[PDB]
Amino acid sequence: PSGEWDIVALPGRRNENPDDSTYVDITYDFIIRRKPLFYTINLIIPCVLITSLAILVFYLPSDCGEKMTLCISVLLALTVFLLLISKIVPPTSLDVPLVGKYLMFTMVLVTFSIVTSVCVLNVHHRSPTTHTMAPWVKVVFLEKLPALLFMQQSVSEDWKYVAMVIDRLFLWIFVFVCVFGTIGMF
Amino acid sequence: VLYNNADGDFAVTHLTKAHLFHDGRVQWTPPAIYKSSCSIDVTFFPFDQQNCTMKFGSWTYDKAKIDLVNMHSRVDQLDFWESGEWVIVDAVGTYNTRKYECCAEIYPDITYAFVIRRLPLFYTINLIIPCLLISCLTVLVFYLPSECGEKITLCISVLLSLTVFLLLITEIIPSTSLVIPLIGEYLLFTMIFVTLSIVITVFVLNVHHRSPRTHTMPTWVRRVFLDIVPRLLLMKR
Amino acid sequence: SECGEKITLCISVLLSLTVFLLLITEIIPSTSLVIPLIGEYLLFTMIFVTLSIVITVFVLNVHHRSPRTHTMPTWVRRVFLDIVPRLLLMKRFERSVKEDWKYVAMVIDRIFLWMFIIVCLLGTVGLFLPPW
Amino acid sequence: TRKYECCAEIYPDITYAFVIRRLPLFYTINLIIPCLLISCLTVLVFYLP
Amino acid sequence: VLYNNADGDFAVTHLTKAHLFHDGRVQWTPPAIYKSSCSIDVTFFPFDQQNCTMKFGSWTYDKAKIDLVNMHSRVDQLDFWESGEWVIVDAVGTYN
Amino acid sequence: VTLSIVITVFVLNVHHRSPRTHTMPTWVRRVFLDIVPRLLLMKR
Ligand SMILES: *[C@@H]1O[C@H](CO)[C@@H](O)[C@H](O)[C@H]1NC(C)=O
Ligand SMILES: *[C@@H]1O[C@H](CO)[C@@H](O)[C@H](O)[C@H]1NC(C)=O
Ligand SMILES: CN1CCC[C@H]1c1cccnc1
Ligand SMILES: CN1CCC[C@H]1c1cccnc1
């Protein structure tokens, strides 16, 4: 027994080219199956373990001031795993491994998360004395609020409420698209 | 020839001189460098034992023309070199006979089994004690106060450090899916707990900053989270 | 403590020392007969720096706690308000208790610093004298 | 045909030129797209308060 | 041959030519590349001293026929090349 | 990006300076309170 690799069957066939009338050979084929448990417990588990933070980031409140750290850390971990999984796979541009495609999609997702996070972080710290802009936002967000099944309710607190509403929205649509992304793996 | 070669010379390749006696006796002692392939069982890393086998035998002859006899039941070690890393527990020779599909006669062979152990001081002073040290911090983050606001930094640092240790040790051991190393399982277990710790701590941190004018809901929460504190043996205000 | 980056410095130091230790274990032989002196020194420093990080998270928790939750002023005001005259440090409603709490945090931090610096200086020089 | 400093006669030779191309999928999925992606953060810092 | 090899040539493989004199004297000087094994003691790193051993001798000849005699008590260094990483403190020969 | 980091440490120092250290308002209030309509931004 070989250990990690397992043999399945050993077909052996005589190849003869009738057109050359001179070419003879015997070709053996080896169909080998990799036992998945090792790479599963060493490459897939860390990936699925750290990939949840990508959508977890939004539930962090904006006032704490730490979204940037967590998001950049997730991005860096994903880049590390991507480079490693590219170094372990043979460099063939004929096809792409599925784990690599999943990593690339979730990396695009988290680099969209970082920009929407800086957006909410900027719209949070506005003061009620400089950027009022009431009429275009009051009615639209007071109408939008029930469309999310969120609790109901000095303008600084109002901007904080606005930021909370919009990043909750983004969390909803982000988890809704991540469910479909996980379904797309099957 | 040895049946268990991997990327090496099968038979003896130096062909040095030999000794004759007047009665027809002949003695020959060639030296060689052999490369065998033994199933390295890594479960109790680093407190490990290795059982590696070499298998010598004739190739074109049978018991009806050539017979092997082990002169010494054990391997001599009078010229052994202490590798500093490995010590030989024992080396046993065994005389066996088999029968292959090629032929009809039975063929003898000699199997040498080396049972050896690894001296553990090096890996316990350079590899496992740092990871076992930094794993003792995953419980520490919860005691840190909420308002300070650096808990997520500690959690991320611990998780990345555990990932680095795990991906480091994945090189030093074989990628054999028959069994799992113990240290690898322990580190993955600690990663599961640290990931869980970070999501529950971001949950509690969000619970911290939320303001009364937005998330009041005071009915159900006060009745339960103001009477467990006595059960938890902690003073009130 | 009020800046809020001490755990950042501790983690930076510890991870950098871990990286240097892992790095040197490439270059020196994987021999179990003896241990490299530099390896011993680095492991020693790692032990003390993780002890430092646990004591500093403790003092950080001591610092931020509120007068409305963890009052306990009977036993503490006796001892941690009399160590200061011995440690050669000059002395000075809810704000008063918060100031006292911050002060006791700073004092325990200083008194730990003295012991840690003495132990570090002793462990570095007191160990490096095989040749002389 | 060429001529070397050694000798008077001319010497024949055959030069084979292989013109080949690199399949880009591997590198364009592992190396250039991550850096091109993280380059979308150099300007983002200024918008942050 | 040397007894301390580790994945290398046991004997010289170039087999250069040798000088003969009318009296029957013969001299031979082949180059070689050897790979010996050292009991590396790393305690005073990096301020370290390394003590390496090589062990030459006949293979199938006993002392009853061939008797080795060292010419120089020290190893010659006339054609030494300064490596830049290691300096030879001393090299000593011993008959055993 | 290194130009960005130097300009951002500059602006971050500008933000936190106190009225009792770096007053200098005469020349600044004329240049940095009339540039706002130029950049299409609203005032208080
Ligand atoms: C080593 O393996 C051999 C062959 O499988 C076996 O016979 C022997 O029992 C093993 N040695 C020990 C100490 O178990
Ligand atoms: C080196 O080892 C040899 C052989 O044991 C020993 O005789 C010699 O003393 C050692 N050299 C030094 C400087 O100790
Ligand atoms: C004994 N050898 C080992 C495997 C094949 C077998 C064999 C039999 C006959 C001739 N050569 C080799
Ligand atoms: C005397 N030699 C030195 C070590 C091995 C031994 C030996 C034994 C048999 C044939 N040749 C050499």
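Note on naming: letters A, B, ... go to the chains in the order of the sequence lines (proteins, then strands), and numbering restarts at 1 for each one. Method of determination (from the header): electron microscopy, 3.9 Å. Shown: partial entry. Contacts: counted within the shown part. Both ligands and their constituent atoms are indexed starting at 1 by order of listing.
Located at ligand 3, the drug is listed as (S)-(-)-nicotine. Ranked by contacts, the top partner of (S)-(-)-nicotine (ligand 3) (the one with most) is named in UniProt as Neuronal acetylcholine receptor subunit alpha-4. Other chains within heavy-atom reach of (S)-(-)-nicotine (ligand 3), distance under 4.0 Å: B.
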